[PDB]
Peer 1: 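In this model we see alvimopan bound to Mu-type opioid receptor.
Chains get letters A, B, ... in whatever order the sequence lines come in. Shown for chain A, in order and in the PDB entry numbering: 65-222, 225-352. Residue numbering for chain B follows the PDB entry, covering 405-423, 432-443, 453-458, 461-465, 476-498 in order. Just so you know, ligand 1 is whichever comes first in the structure, and atom 1 is the first atom listed for that ligand. So how was this one determined? The header says electron microscopy, 2.8 Å. Because only heavy atoms are used, hydrogens play no part in the values below, and waters and symmetry mates are left out as well, while side chains stay in.
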Amino acid sequence: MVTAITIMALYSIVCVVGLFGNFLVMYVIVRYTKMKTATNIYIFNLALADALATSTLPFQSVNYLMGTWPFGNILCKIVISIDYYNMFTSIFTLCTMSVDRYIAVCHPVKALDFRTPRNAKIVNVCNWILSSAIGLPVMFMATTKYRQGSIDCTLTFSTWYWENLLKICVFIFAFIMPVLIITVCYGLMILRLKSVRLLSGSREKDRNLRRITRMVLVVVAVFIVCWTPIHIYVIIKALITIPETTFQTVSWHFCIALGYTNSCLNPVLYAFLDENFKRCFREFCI
Amino acid sequence: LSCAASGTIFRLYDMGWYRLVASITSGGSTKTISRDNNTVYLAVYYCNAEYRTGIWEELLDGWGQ
Ligand SMILES: C[C@H]1CN(C[C@H](Cc2ccccc2)C(=O)NCC(=O)O)CC[C@@]1(C)c1cccc(O)c1
């Protein structure tokens, strides 16, 4: 009742803002020649994944409102696969972004050869091909279960071995390891930046390098803050058999809502933190 | 004749005297200037110093009276 209406209202507000913002970012990268850079190819992949993530939220809101899933099997298999794709592609795109900024900051002589944009495009295709290994099995499994009370849309496992295994793999490969890679790359970059007078010879090049590096760090931090609580909740629920109570249902939905909310936040940071994006957005609007 | 520096500075980089008489790098490479990591000691001549206010900020220069 009240919870379903609240969810629908917030999801619709996160759906229109997110879809508009991430369409705008992609359009600007395509439209203006100056925008194309290795970092911009990586930012474009992030915003693709967030547009696909936000286009699903109306069906879920209707499902919560009506108590039943009326959209069929195939749309059930697409929505769930997209749910997993969001997590894997987003974490890997941030990881590759951080390694790219590491090569640029610490190995400039050899940074020049490997930072051509085509390399970034191949990197992004490889990221999607890798994420399919987790994504496609989830799509194949998902099903519409005809519960007597109402139709459900869920994942069918062959149960303890096959279900705890999926949750563990998601916790390890799509969370802990990329976070360690990112933390080590930023520790080494912070070491380089603290003790160098100039990073690229030219003063302007130095300032540009430090600005892009800070923007990428802020995006990474925001994503980690939005996604950590749902990840911990899944583990703490698996091992404890929490009793069912109002607090449990409300807290659970709130953590899922935060994780989805992150999809609309990034286009605003691009505009506040990048002069080129801010300029293109103003020129687009006017 | 010293060219001391004060204020909020994250890092101080190259210090010098300009009438280009002398340059002292932070390490101590010199182009008779001795610098202690916060002053350097060496026609009117003017103190020059390079600095960065923050880790992500841009290289600046400050002259003297
Ligand atoms: C991604 C996070 C949210 N989805 C919510 C999803 C949205 C939905 C889809 C169709 C109909 C209505 C709602 C859903 O309800 N999916 C049911 C299912 O497929 O079981 C769930 C898994 C989740 C908590 C999770 C977080 C972290 C790690 C992790 O492993 C899992």
Peer 1: List the other chains with a heavy atom under 4.0 Å from alvimopan.
Peer 2: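 Counting heavy atoms only, the chains are A.
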Peer 1: Would you check which organism the entry records for chain A?
Peer 2: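 The deposit lists Mus musculus.
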Peer 1: With atom 25 (C) of alvimopan as the reference point, say which of A:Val300, A:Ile301, A:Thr120, A:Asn150 has the nearest heavy atom.
Peer 2: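 Result: the heavy atom closest to atom 25 (C) of alvimopan is in A:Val300.
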Peer 1: Name the option, out of A:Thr207, A:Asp147, A:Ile146, that contains the heavy atom nearest to atom 1 (C) of alvimopan.
Peer 2: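 Looking at heavy atoms only, the winner is A:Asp147.
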Peer 1: Considering A:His297, A:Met151, A:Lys303, A:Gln124 one by one, which has a heavy atom nearer to atom 29 (C) of alvimopan than any of the others?
Peer 2: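 When every heavy atom of A:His297, A:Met151, A:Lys303, A:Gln124 is considered, A:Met151 comes closest to atom 29 (C) of alvimopan.
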Peer 1: Taking non-hydrogen atoms only, is A:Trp133 closer than 4.0 angstrom to alvimopan via side chain, backbone, both or neither?
Peer 2: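 It is the side chain that touches alvimopan; the backbone stays farther off.
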Peer 1: Determine whether any heavy atom of A:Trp293 lies closer than 4.0 Å to an atom of alvimopan.
Peer 2: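 A:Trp293: no contact with alvimopan (<4.0 Å).
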Peer 1: Considering A:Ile144, A:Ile296, A:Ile142, A:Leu121, which one's heavy-atom position lies nearest to atom 26 (C) of alvimopan?
Peer 2: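 Going through A:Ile144, A:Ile296, A:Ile142, A:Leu121 one by one, A:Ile296 has the nearest heavy atom to atom 26 (C) of alvimopan.
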Peer 1: For alvimopan, which atoms, with element, lie under 4.0 Å from some heavy atom of A:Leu219?
Peer 2: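 Answer, ordered by atom number: 19 (O).
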Peer 1: Taking only heavy atoms of A:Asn127, which atoms of alvimopan are found under 4.0 Å from at least one of them?
Peer 2: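 Counting atoms of alvimopan from 1, those under 4.0 Å from A:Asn127 are 11 (C), 12 (C).
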Peer 1: Okay, using a heavy-atom cut-off of 4.0 Å, which transmembrane segments of chain A touch alvimopan? I'm counting from the N terminus per UniProt.
Peer 2: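 The heavy-atom check, in UniProt terms, returns 2, 3, 6, 7.
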Peer 1: Checking the N or O distance criterion of under 3.5 Å, is alvimopan in contact with A:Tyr148?
Peer 2: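 In fact, backbone or side chain, A:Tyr148 has no N or O that close.
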Peer 1: Which residues lie closer than 4.0 Å to alvimopan by heavy-atom distance?
Peer 2: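 With non-hydrogen atoms counted, the site is A:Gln124, A:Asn127, A:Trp133, A:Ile144, A:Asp147, A:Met151, A:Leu219, A:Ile296, A:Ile322, A:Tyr326.
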